[PDB]
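Structure follows of doxycycline associated with Tetracycline repressor protein class D.
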2 protein chains.
Amino acid sequence: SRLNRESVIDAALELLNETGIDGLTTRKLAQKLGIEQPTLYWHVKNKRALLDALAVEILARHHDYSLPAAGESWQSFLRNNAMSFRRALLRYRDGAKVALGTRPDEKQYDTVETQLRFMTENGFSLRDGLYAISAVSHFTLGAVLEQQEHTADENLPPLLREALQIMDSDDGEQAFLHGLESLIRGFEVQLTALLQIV
Amino acid sequence: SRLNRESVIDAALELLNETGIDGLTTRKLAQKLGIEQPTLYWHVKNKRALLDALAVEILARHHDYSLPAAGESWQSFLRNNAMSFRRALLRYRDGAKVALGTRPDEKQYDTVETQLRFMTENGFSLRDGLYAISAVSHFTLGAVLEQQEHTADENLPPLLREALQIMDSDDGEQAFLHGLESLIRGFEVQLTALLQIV
Ligand SMILES: C[C@H]1c2cccc(O)c2C(=O)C2=C(O)[C@]3(O)C(=O)C(C(N)=O)=C(O)[C@@H](N(C)C)[C@@H]3[C@@H](O)[C@@H]21
Ligand SMILES: C[C@H]1c2cccc(O)c2C(=O)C2=C(O)[C@]3(O)C(=O)C(C(N)=O)=C(O)[C@@H](N(C)C)[C@@H]3[C@@H](O)[C@@H]21
Ligand SMILES: [Cl-]
Ligand SMILES: [Cl-]
Ligand SMILES: [Cl-]
Ligand SMILES: [Cl-]
Ligand SMILES: [Cl-]
Ligand SMILES: [Cl-]
Ligand SMILES: [Cl-]
Ligand SMILES: [Cl-]
Ligand SMILES: [Cl-]
Ligand SMILES: [Cl-]
Ligand SMILES: [Mg+2]
Ligand SMILES: [Mg+2]
């Protein structure tokens, strides 16, 4: 079929959904695109190369809250950013595993530069703003992995039994949204304190 | 060599370190133990079975702060628990990927039951205490994955350039320890508030 970048990414995202990350292969991608393995090699060198591009394109297609509104608070921006990051990552099977260990792409520079600039213009040192960004990113990544990977007893002590009932009664959105408010409020306590002991 | 549970786990943890999770196989485990694949099958059915046991044994060997001291605060317990969880997970390559999506083992029941009980005896509803436990777990899991997986440009805009310098200047312990204080303080704000608007 068509082998421009857009079409190779479309097929690679379908395959990721049917098979997951550990069963995504250049052999199986060649099969789905209707082509021979050496035809594929011209366009895509290895699994790593593909994985890097998939991390970028999932957010381009599905991460709609990358940038703060005019007048929006930093707290609100982190809330709306995190929910949109979580949605984009749940959209494909092992989506969060695809995003793991990547660094901003050249095509994300203007966007992530605007994000860091926004945090500094709201009173964070670059280092403290980055610590807040990284903590929201890591918490969200952790929550999506545990949910997604989870999809992949008679003598339960009583509080564990009820806790497992609580977890199994929801997809994880409730625990996620509660955790995010705790994180955002902790950053606020830290920022407002300045040089006071807190 | 010896094929009792302890010895199969020793070998599987070595192999995990040389090869990572995605390259851990029953074929390669059989090779390292000096045995044929059907000899292995009697002791270990599949990769999933192995992965479940490895998650348990990494914490048994290396997770030394499972339980609070006499008189210890809940804040202190979560701090000391999280640092010990992080250490145990960094001890092997893709350690955090091994722990992902598992639920307490029968051999962890008394331990995790004591943990949930401790949170309730410090004023948390079971649901709110579980939300705090899950948030600390997810943040830690996220931070270790990004660090571990990361191990697996000339026109950098200026704040991203300095932020990447900041991340590359440390193994991730600094960002982790800062994030954990923000999370613990947010739970405290939430718990103390009770039915007040906060
Ligand atoms: C500033 C970025 C950064 C800086 C230095 C080292 C890094 O590893 C990063 C990132 O990895 C970021 C992301 O991945 C984003 O998810 C990211 O790239 C991104 C985006 N493309 O819109 C986000 O929404 C961000 N968000 C918190 C989930 C986040 C970025 O802010 C950071
Ligand atoms: C209470 C446990 C729980 C309850 C209900 C559903 C669950 O999925 C869990 C866990 O997965 C827990 C862990 O994995 C621990 O890491 C876990 O098993 C554990 C331990 N074996 O010592 C910990 O130290 C805990 N810690 C926060 C990292 C944590 C457990 O508290 C929870
Ligand atoms: Cl074709
Ligand atoms: Cl075509
Ligand atoms: Cl083409
Ligand atoms: Cl294209
Ligand atoms: Cl491959
Ligand atoms: Cl032998
Ligand atoms: Cl022997
Ligand atoms: Cl034996
Ligand atoms: Cl044994
Ligand atoms: Cl296997
Ligand atoms: Mg990232
Ligand atoms: Mg767990």
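Order of sequence lines = order of chain letters (A, B, ...). So for chain A, numbering is the PDB entry's, and the shown residues are 2-153, 163-208, in order. Residue numbering in chain B adheres to the PDB entry, whereby the residues present occupy positions 2-153, 163-208 in order. Whatever order the structure lists them in is the order used to number ligands and atoms, beginning at 1.
- All instances of doxycycline are found at ligands 1 and 2.
- For doxycycline (ligand 2), the other chains with a heavy atom below 4.0 Å are labelled A, B.
- Taking the UniProt tetracycline-binding residues of chain B and keeping those with a non-hydrogen atom under 4.0 Å from doxycycline (ligand 2) leaves B:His64, B:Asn82.
- Scanning the protein heavy atoms around atom 28 (C) of doxycycline (ligand 2), the nearest turns out to be B:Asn82 OD1, 3.3 Å.
- Distance cut-off 4.0 Å; other ligands and ions near doxycycline (ligand 2): ligand 14 (magnesium ion).
- For atom 32 (C) of doxycycline (ligand 2), the closest non-hydrogen atom of the protein is B:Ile134 CG2, 3.9 Å.
- In this structure, B:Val137 has no heavy atom closer than 4.0 Å to doxycycline (ligand 2).
- Contacts of B:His64 with doxycycline (ligand 2), taken as heavy-atom pairs under 4.0 Å, involve the side chain alone.
- Heavy atoms under 4.0 Å from doxycycline (ligand 2) belong to A:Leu170, A:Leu174, A:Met177, B:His64, B:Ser67, B:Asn82, B:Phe86, B:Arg104, B:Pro105, B:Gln109, B:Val113, B:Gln116, B:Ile134, B:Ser138.
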Could you check doxycycline (ligand 2) for N or O atoms lying under 3.5 Å from protein N or O atoms and list the pairs with distances?
| residue | atom | partner | partner atom | Å |
| --- | --- | --- | --- | --- |
| doxycycline (ligand 2) | 22 (O) | B:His64 | NE2 | 3.2 |
| doxycycline (ligand 2) | 22 (O) | B:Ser67 | OG | 2.8 |
| doxycycline (ligand 2) | 22 (O) | B:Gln116 | NE2 | 3.2 |
| doxycycline (ligand 2) | 24 (O) | B:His64 | NE2 | 2.7 |
| doxycycline (ligand 2) | 24 (O) | B:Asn82 | OD1 | 3.2 |
| doxycycline (ligand 2) | 24 (O) | B:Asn82 | ND2 | 3.0 |
| doxycycline (ligand 2) | 24 (O) | B:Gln116 | NE2 | 3.4 |
| doxycycline (ligand 2) | 26 (N) | B:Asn82 | OD1 | 2.6 |
| doxycycline (ligand 2) | 31 (O) | B:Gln116 | OE1 | 2.4 |

